[PDB]
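Structure first, commentary second.
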Amino acid sequence: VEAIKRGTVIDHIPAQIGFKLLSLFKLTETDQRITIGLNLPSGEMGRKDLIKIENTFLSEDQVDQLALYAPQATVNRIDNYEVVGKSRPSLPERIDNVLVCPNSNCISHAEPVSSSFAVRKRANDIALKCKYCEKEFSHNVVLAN
Amino acid sequence: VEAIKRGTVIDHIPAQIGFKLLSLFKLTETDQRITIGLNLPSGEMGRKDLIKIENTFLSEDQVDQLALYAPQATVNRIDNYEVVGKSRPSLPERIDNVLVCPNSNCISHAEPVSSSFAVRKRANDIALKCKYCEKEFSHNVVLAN
Amino acid sequence: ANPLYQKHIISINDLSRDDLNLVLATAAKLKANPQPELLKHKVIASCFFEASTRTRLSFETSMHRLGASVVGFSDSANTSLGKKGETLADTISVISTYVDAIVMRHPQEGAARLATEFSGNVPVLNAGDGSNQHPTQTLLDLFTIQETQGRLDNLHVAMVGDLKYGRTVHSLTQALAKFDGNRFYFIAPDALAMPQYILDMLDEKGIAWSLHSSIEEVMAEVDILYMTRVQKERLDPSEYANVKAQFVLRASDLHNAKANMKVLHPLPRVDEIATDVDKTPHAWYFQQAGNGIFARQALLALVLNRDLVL
Amino acid sequence: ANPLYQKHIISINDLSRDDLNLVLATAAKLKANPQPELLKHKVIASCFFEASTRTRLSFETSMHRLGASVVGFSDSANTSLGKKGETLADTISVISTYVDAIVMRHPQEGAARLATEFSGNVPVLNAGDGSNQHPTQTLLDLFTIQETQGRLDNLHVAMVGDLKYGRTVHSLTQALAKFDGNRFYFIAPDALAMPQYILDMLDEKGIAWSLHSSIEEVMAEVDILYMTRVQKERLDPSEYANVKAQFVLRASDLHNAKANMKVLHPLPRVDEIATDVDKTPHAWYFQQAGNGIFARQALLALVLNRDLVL
Amino acid sequence: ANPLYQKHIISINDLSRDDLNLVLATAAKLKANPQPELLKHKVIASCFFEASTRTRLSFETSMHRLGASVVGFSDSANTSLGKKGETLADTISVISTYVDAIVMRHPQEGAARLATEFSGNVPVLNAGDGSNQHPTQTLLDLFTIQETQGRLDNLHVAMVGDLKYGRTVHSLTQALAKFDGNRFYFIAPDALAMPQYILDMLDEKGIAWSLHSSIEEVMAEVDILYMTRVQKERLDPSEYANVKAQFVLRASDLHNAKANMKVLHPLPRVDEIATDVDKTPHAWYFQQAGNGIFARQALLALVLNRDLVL
Ligand SMILES: Nc1ncnc2c1ncn2[C@@H]1O[C@H](COP(=O)(O)OP(=O)(O)OP(=O)(O)O)[C@@H](O)[C@H]1O
Ligand SMILES: Nc1ncnc2c1ncn2[C@@H]1O[C@H](COP(=O)(O)OP(=O)(O)OP(=O)(O)O)[C@@H](O)[C@H]1O
Ligand SMILES: O=C(O)C[C@H](NC(=O)CP(=O)(O)O)C(=O)O
Ligand SMILES: O=C(O)C[C@H](NC(=O)CP(=O)(O)O)C(=O)O
Ligand SMILES: O=C(O)C[C@H](NC(=O)CP(=O)(O)O)C(=O)O
Ligand SMILES: [Zn+2]
Ligand SMILES: [Zn+2]
C-alpha cells in the first residue's frame, strides 16, 4: 500500500536491530508517514527488518552510526517514487557523542566532553580507540554498553 | 503489504503512541512477523498508528493494559484471514511489572518482587497506588523500566 | 473462626470498622479477665529492623502475658541480612518455617506487605513500615480515644506536626474515617502536610477536614489533640528546615480546652510537648502507651486463636 | 544415659555414625510427637559472637518448643568481652555457672573447643567456629538428605562454591564419609578448594571424589547438589578475585537433573542460586532450613535429657 | 620554529623519533651548559591531582633553573574543584588565562588530552594520566639509556613488574619502538601483563619481544633492566593477589649480568629492588632520577622558545 514519493527505505537490517534503530535515531519522533517490517522473510538473509520513512533522510551522523549497528544494511534514497541512490552506509573514521568508553577510569565519564572514537575497519570485528584514554576496544564491547 | 492469516491487529492507536506501546510491552521481542504503520491517515482520528503482529494473541487483560495509553484503540483478533473478534481496552484494575514506583524508599526497588499498582480515575487523570508502599502518584510521573 | 484468625495485619486500609471494633472488644475482655495461657505453645518472632521502645517492648510483654515465647532481634546488624547480604525475602522465607507469627518493623515502606508474599501460612503483623502504616498504633489509639471520650463517632480530632511522614496519622485517619461524623483539623508545616491519598479518601466519604496554622485556633473544639514528632530520619535533606518542632504545646495553651479533651502522642516526643503538660488532666500520652498492652494482646489473641475470647 | 547425654558437640570429626543416626532418630520422634515440656526448668545460653539468622533463631525456637528458657546475646559488642577487654575463657567461666548448656558461634576457629576447657560440667554446642566446623548444620543437612533421598548411603553428592572456608562442607563431608558408598564432586575455584585434611580422610576411607569445573558436568548423576556462599568475611585480601560467585545455578541448568535430585544450600545465598530456581521441584533450601528445628530440638533433648525419647 | 614550539606533550604516540632525539640533544646541551635565564618572564602552572615526589619536584626545579616562576597545587583538595564542585574543564579554562604552560598529573586516563581542549594557546605537558601515558618519564629514561649505553637501537631491554598499569612502560616501549632493532623481554604476573595494544604495535613494526617467568632467564643478555612498582592504587580488588612484588631483584642476581647493564626504575620502589642493589655498579635509578632535571628543562625550553642556540 502507498509506495512513497520521496524519502528513505533502510533495507537488509538484521533481525532484532530494526527496533533498536528506531529508538537510537528517534525516527518515530516525526509526523512523517512511517512503515516498518520486523522479521520479514529474506532470500538474501533469511529474516530481516525494514524501515520506510516519507519525506525524510538520514542525517550525516545517523548514516555514520548505521555502519556500526548494521554493516550489511541498505540505504535507499527515493525521489518521485524511484530509487535514486543505493548504498551500504559508508563507515566513518571517527564517531562522536553516541558511544561510551568502557574504561571506567576514563576522564570522558566525569567531564563535559563529547565521546570520540577512532574507527578502523578490521577483519572480523571493528575497533574503536578512545580519543581520551587511548584505549582500543572491539565495537562488541563498546556497544551494548 | 500481505495481509495476515492469524494474529492481532491493534488499530486506531493515537499518533505518538504506537512506538510507546512497542517499547513498553516488549512487542518486538519475538520472531513473529510484525507490521507497523505510524502517522497513517485515519479520517476518524485524522492521524493514527497501527500494529500488526502475526500468530500472536492478546487476552482481555493484555488488551486492558493498553487502556492507559490508547483507550480508544480497537484490538482485532484475526483467524483464517478474518476478523473473528473486536475489542476495545477497558481500564484495568492493576498495572503489574512494567512500571517503577517513584518512591525511592519503597521496598520494591531492593527486593525480588514485581512492581504492582492499583489503578483509579482521579479527576480527569489516572492515579496509581503502589501495592507495597501504598503511596499514590499520577500515572504521568510513574516511569517504566 | 473469628474474622481475624490467621490474617495478616498490614494496613488499616485493609481492615473494616467491624475488624477494628472486634480488636477493641477483645482488648476489653482480656483486660477485665486475663488469660495467661491463651497462646501457650506459640513461638512468635519479633523482628525490628529500625529503632523502637514502646512498640517492641509492649508487643513482647503482650506475648508473655498470653503465655507465648518470643525470638527475634531488635537490630538487623547481626542477622545474615545485616552481614552476609541476605534479602528480606529470604529472611522471611526461613523465619516463617520456625514461628507461628511474625511481628516486624522496617525502615522501607512496603516491607510488611512484601513479607506476606514469602511467609506462607504465617501471619505478618506490621509494627511499622517506613512512613507508610502503623496499624497497631492505631488500635491502641482507638482504644484510648474510646476510653477517654466514650465513643469513636462524632469527634473533633486535631492532628499536629509531621503528617507527611507520620505512619501513625496515616493509619489513624484511615481508621477514624471508618466511623461516622468525625471532623479533622490538620496542623502541619506545608512541607510535611497530610498526603493527598488520605485527603481524597476523606472527600470520598464526605468527611469534613481543614488546615490550620495554629493549635490555638482549634483548642476550644477538639476532643482529641494528636501531637506528632517530626520524622527526622525520614526527611529529605531539602526538608531540613522542618527538623525542629513548629508547634510546641505547653500547659498554658490549654486554658480554653474542653474538660473532656485529651492530649495524645504516639511518642517519643522531643519538644513538641513541654513537660509542664505532663501534670495537667489533659495529658494522656503515657496512659495511651500503656494501652498498647491491651490492644496488642487482643490482636495476638485474635490472629493466633481460633475462637472468640469472652 | 543415652550416648550423647551431657556431651560437648564441637566437631563432626568427634562423632560416630551411630551418634549421627541417634540425633536423626530422635528428630523423627519429636517431629511426630512433640514434647513441649521435655526441657522445662533448663536455662540455656545462646551466645553468638558473629552474625546469624537461621542458626540462632532456630536454636532458640527449638529451646522454646521444648520448654526451656534462653539467655544470651547476638552481638558481643555489649558484653564485658566487647567493652571491658574480657577474655573468652573468663566469659565462659562465668556463664557456665548460670546455665545448663551453652550454644555458641564465634569468628575464630577453635572457640567452641576452647569453651569446653572452661565450662566445667556444662555442655558446649558449636553453632560455628570461624571456617572450621558447623556440626548442627550437618545434622539438619543429613536429616534433609535422608528425608528427600530415603537414605544416607550410596549417594552422589556435589558440593559447589567456597569449600575452603565453608564450615558447612567440612562438617558435612566428614559426616557423609561415615556412611557407605557415597561419591563426592567438588566444584570450587582453585583458590577456595576443599582442604587437604578432608581429602586425605576420604582417601583413607577409600571414598571416590573428583574435581569439576562446571555444574553441568555432574548434573545428570547428582542426588544432592549442595551450593555454598563465598565466605567473603573469611577471605584474605589476596583472595578477593573470588568474592563473586563463580557458579550460578539457574532453573534452566536443571533440564537433565534426576527426578529425585534436591538443591540444598545452608544459606544465606547471594547470587549462586537464581530466584527462578525457587519454584522448581528441585529447590529444597527452605525446607532444609525448616528442618533445623527438628535436628536442633533432637540434639538439645539428647544432650540435656538422660533418657532416650520415644 | 623548532618542531616542539608550543606543542602539547600528551602521549609518546604523538611524537616522532626526531622529536625524541631533539629533546635528548637539547638535554645534553643544557647539562653541559646551563641557561639560567632561558624562561625568564614565564609563569608555569604545576597542577598535581595525584601524589608525586620526583615528577613534580624535578619539574619545578627545572622551571626555576631556567628562570621561570611557578604556581599550582600538589593536591586538589583545596582548589575549587575539590571543595566547590568545579569541573576539570573549567579549572583548565581559567588557569590557562594565567600561565604560559600547564604541567599536570591526574588519576584519570585522558585528563591531559581533555585539558588541551580547554587551554587554548597554552601548552599542556602530561606528567601522568591514570595508567595511560607518562611521556616525560620516557624522555628522561631515553636520555639515561642513551648516556649509559651509547645508543637507542639494537638494545636488549627487560621490563619487569606491573606492566598493565605502568604508564611508564607504555610510554617507554612506544618510544623505544621508534628506534631500530630493539628487543624486549616482558616479565610480569599474568594479571598485570603488558597490554595487547602495546604488543600489537610491536608486532606491526616487526619488533621482537618475548615473555619470561623470571629475571635470571634473561639476566645475561640485557643492557637495560627496567624494574617497576605494583600500581596498587590502580588495581581492581579482584587483582589484590598481586600487591606484593612478584619479582625481587637482589645484588646476588646480578652475577651473570653484562658489565655495561644498568638497572633502571622510575621510582618509588617498594620491595622489588632490595637495598643491597644500591651499591652495585648496575644500580642507576637515582642517576636516572637526577636526569629528570635535564630532560624536563630541555622539554620546557623547546616548547616555550621558538629556537635555541647552544
Ligand atoms: N517508491 C517506493 N516506496 C516505498 N518503498 C520502495 C519504493 N521503491 C523501492 N522501495 C523499497 O526499497 C527497497 C529497495 O528497492 P529495489 O527496487 O532496489 O529492490 P531490489 O532491487 O531488490 O534492491 P536490493 O537488491 O538492494 O534488494 C525495496 O525493499 C523496496 O520495497
Ligand atoms: N487478514 C488481515 N491481515 C492484516 N490486517 C487485517 C486483516 N484483516 C483485517 N485487518 C486490519 O484490521 C483492521 C480492522 O479491520 P476491519 O475489516 O474490521 O475494518 P473496519 O471494520 O473498518 O475496522 P473498524 O470499523 O474497527 O475501524 C484494519 O486496519 C485492517 O487493515
Ligand atoms: O516514631 C514516632 O514518632 C511515632 C511512632 N512511634 C512508635 O511506634 C513508638 P516506638 O518507636 O518507641 O516503638 C512510630 O512511627 O514509630
Ligand atoms: O554462612 C554461610 O554461608 C553458611 C552457614 N550459614 C548458616 O549457618 C546460616 P546463619 O548464618 O543465618 O545462622 C554458616 O557457616 O554460617
Ligand atoms: O609511580 C610509579 O611507580 C611510576 C611513576 N613514578 C613517578 O613518576 C615518580 P613520582 O610519583 O615520585 O613523581 C608514575 O607512573 O607515577
Ligand atoms: Zn576512554
Ligand atoms: Zn512503592
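The sequence lines fix the lettering, A, B, ..., with proteins before strands; numbering per chain opens at 1. A fraction of the deposited model is presented, and contact counting is confined to that fraction. Counting convention: from 1, in listed order, for ligands and their atoms alike. Per deposition record, X-ray crystallography, 2.1 Å.
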### Query
Which macromolecule is the chief neighbour of ligand 4 by contact count, per the PDB entry?
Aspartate carbamoyltransferase
### Query
Which of BIIB021, 1-deoxynojirimycin, MKC-442, N-phosphonacetyl-L-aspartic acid would you find at ligand 4?
N-phosphonacetyl-L-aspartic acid
### Message
Would you pull out the other chains with a heavy atom less than 4.0 Å from N-phosphonacetyl-L-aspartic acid (ligand 4)?
### Response
C, D
### Message
What would you say the binding site of N-phosphonacetyl-L-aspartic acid (ligand 4) is, if we count heavy atoms under 4.0 Å?
### Response
C:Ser80, C:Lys84, D:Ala51, D:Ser52, D:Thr53, D:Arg54, D:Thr55, D:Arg105, D:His134, D:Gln137, D:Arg167, D:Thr168, D:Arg229, D:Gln231, D:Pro266, D:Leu267, D:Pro268
### Task
Give the residue and atom name of whichever protein heavy atom lies nearest to atom 1 (O) of N-phosphonacetyl-L-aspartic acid (ligand 4), and the separation in Å to one decimal.
C:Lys84 NZ, 2.9 Å
### Message
Does any N or O of N-phosphonacetyl-L-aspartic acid (ligand 4) fall below 3.5 Å from an N or O anywhere on D:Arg56, backbone included?
### Response
no
### Message
I want to know if N-phosphonacetyl-L-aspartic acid (ligand 4) touches D:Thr55 in the polar sense, i.e. an N/O pair below 3.5 angstrom.
### Response
yes
### Query
Should you measure from each heavy atom of D:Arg229, which atoms of N-phosphonacetyl-L-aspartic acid (ligand 4) turn up under 4.0 Å away?
1 (O), 2 (C), 3 (O)
### Task
Name the source organism of chain D according to the PDB.
Escherichia coli
### Task
Around atom 14 (C) of N-phosphonacetyl-L-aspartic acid (ligand 4), find the nearest protein heavy atom and jot down its residue, atom name and distance.
D:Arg167 NE, 3.5 Å
### Query
Taking only heavy atoms of D:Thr168, which atoms of N-phosphonacetyl-L-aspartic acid (ligand 4) are found under 4.0 Å from at least one of them?
4 (C), 5 (C), 15 (O)
### Message
If you measure every N or O of D:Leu267 against every N or O of N-phosphonacetyl-L-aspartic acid (ligand 4), does any of those distances drop under 3.5 Å?
### Response
yes
### Query
Near D:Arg105, which atoms of N-phosphonacetyl-L-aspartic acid (ligand 4) are under 4.0 Å from a heavy atom of that residue?
7 (C), 8 (O), 10 (P), 11 (O), 13 (O), 16 (O)
### Message
Show me which atoms of N-phosphonacetyl-L-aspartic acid (ligand 4) lie under 4.0 Å from any heavy atom of C:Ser80.
### Response
10 (P), 11 (O), 12 (O)
### Per-atom contacts, N-phosphonacetyl-L-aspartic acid (ligand 4) versus D:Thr53 - under 4.0 Å to a heavy atom
10 (P), 12 (O), 13 (O)
Any protein N/O atoms within less than 3.5 Å of an N/O atom in N-phosphonacetyl-L-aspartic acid (ligand 4)? List the atom names and distances, or say none.
unit_1, atom_1, unit_2, atom_2, d
N-phosphonacetyl-L-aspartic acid (ligand 4), 1 (O), C:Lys84, NZ, 2.9
N-phosphonacetyl-L-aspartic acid (ligand 4), 1 (O), D:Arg229, NH2, 3.1
N-phosphonacetyl-L-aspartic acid (ligand 4), 3 (O), D:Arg229, NE, 2.9
N-phosphonacetyl-L-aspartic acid (ligand 4), 3 (O), D:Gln231, NE2, 3.0
N-phosphonacetyl-L-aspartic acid (ligand 4), 6 (N), D:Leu267, O, 2.8
N-phosphonacetyl-L-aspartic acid (ligand 4), 8 (O), D:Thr55, OG1, 2.9
N-phosphonacetyl-L-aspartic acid (ligand 4), 8 (O), D:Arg105, NH2, 2.8
N-phosphonacetyl-L-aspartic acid (ligand 4), 8 (O), D:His134, NE2, 2.8
N-phosphonacetyl-L-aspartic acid (ligand 4), 11 (O), C:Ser80, OG, 3.2
N-phosphonacetyl-L-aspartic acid (ligand 4), 11 (O), C:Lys84, NZ, 2.7
N-phosphonacetyl-L-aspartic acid (ligand 4), 11 (O), D:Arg105, NH1, 2.8
N-phosphonacetyl-L-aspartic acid (ligand 4), 12 (O), C:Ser80, OG, 2.9
N-phosphonacetyl-L-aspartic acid (ligand 4), 12 (O), D:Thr53, N, 2.8
N-phosphonacetyl-L-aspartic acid (ligand 4), 12 (O), D:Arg54, N, 2.9
N-phosphonacetyl-L-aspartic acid (ligand 4), 12 (O), D:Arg54, NE, 3.1
N-phosphonacetyl-L-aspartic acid (ligand 4), 12 (O), D:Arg54, NH2, 3.1
N-phosphonacetyl-L-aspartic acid (ligand 4), 13 (O), D:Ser52, OG, 2.7
N-phosphonacetyl-L-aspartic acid (ligand 4), 13 (O), D:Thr55, N, 2.7
N-phosphonacetyl-L-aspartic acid (ligand 4), 13 (O), D:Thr55, OG1, 2.7
N-phosphonacetyl-L-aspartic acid (ligand 4), 13 (O), D:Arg105, NH1, 3.3
N-phosphonacetyl-L-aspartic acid (ligand 4), 15 (O), D:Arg167, NE, 2.7
N-phosphonacetyl-L-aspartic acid (ligand 4), 16 (O), C:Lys84, NZ, 2.9
N-phosphonacetyl-L-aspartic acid (ligand 4), 16 (O), D:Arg105, NH1, 3.4
N-phosphonacetyl-L-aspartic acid (ligand 4), 16 (O), D:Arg105, NH2, 3.4
N-phosphonacetyl-L-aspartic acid (ligand 4), 16 (O), D:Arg167, NH2, 3.0

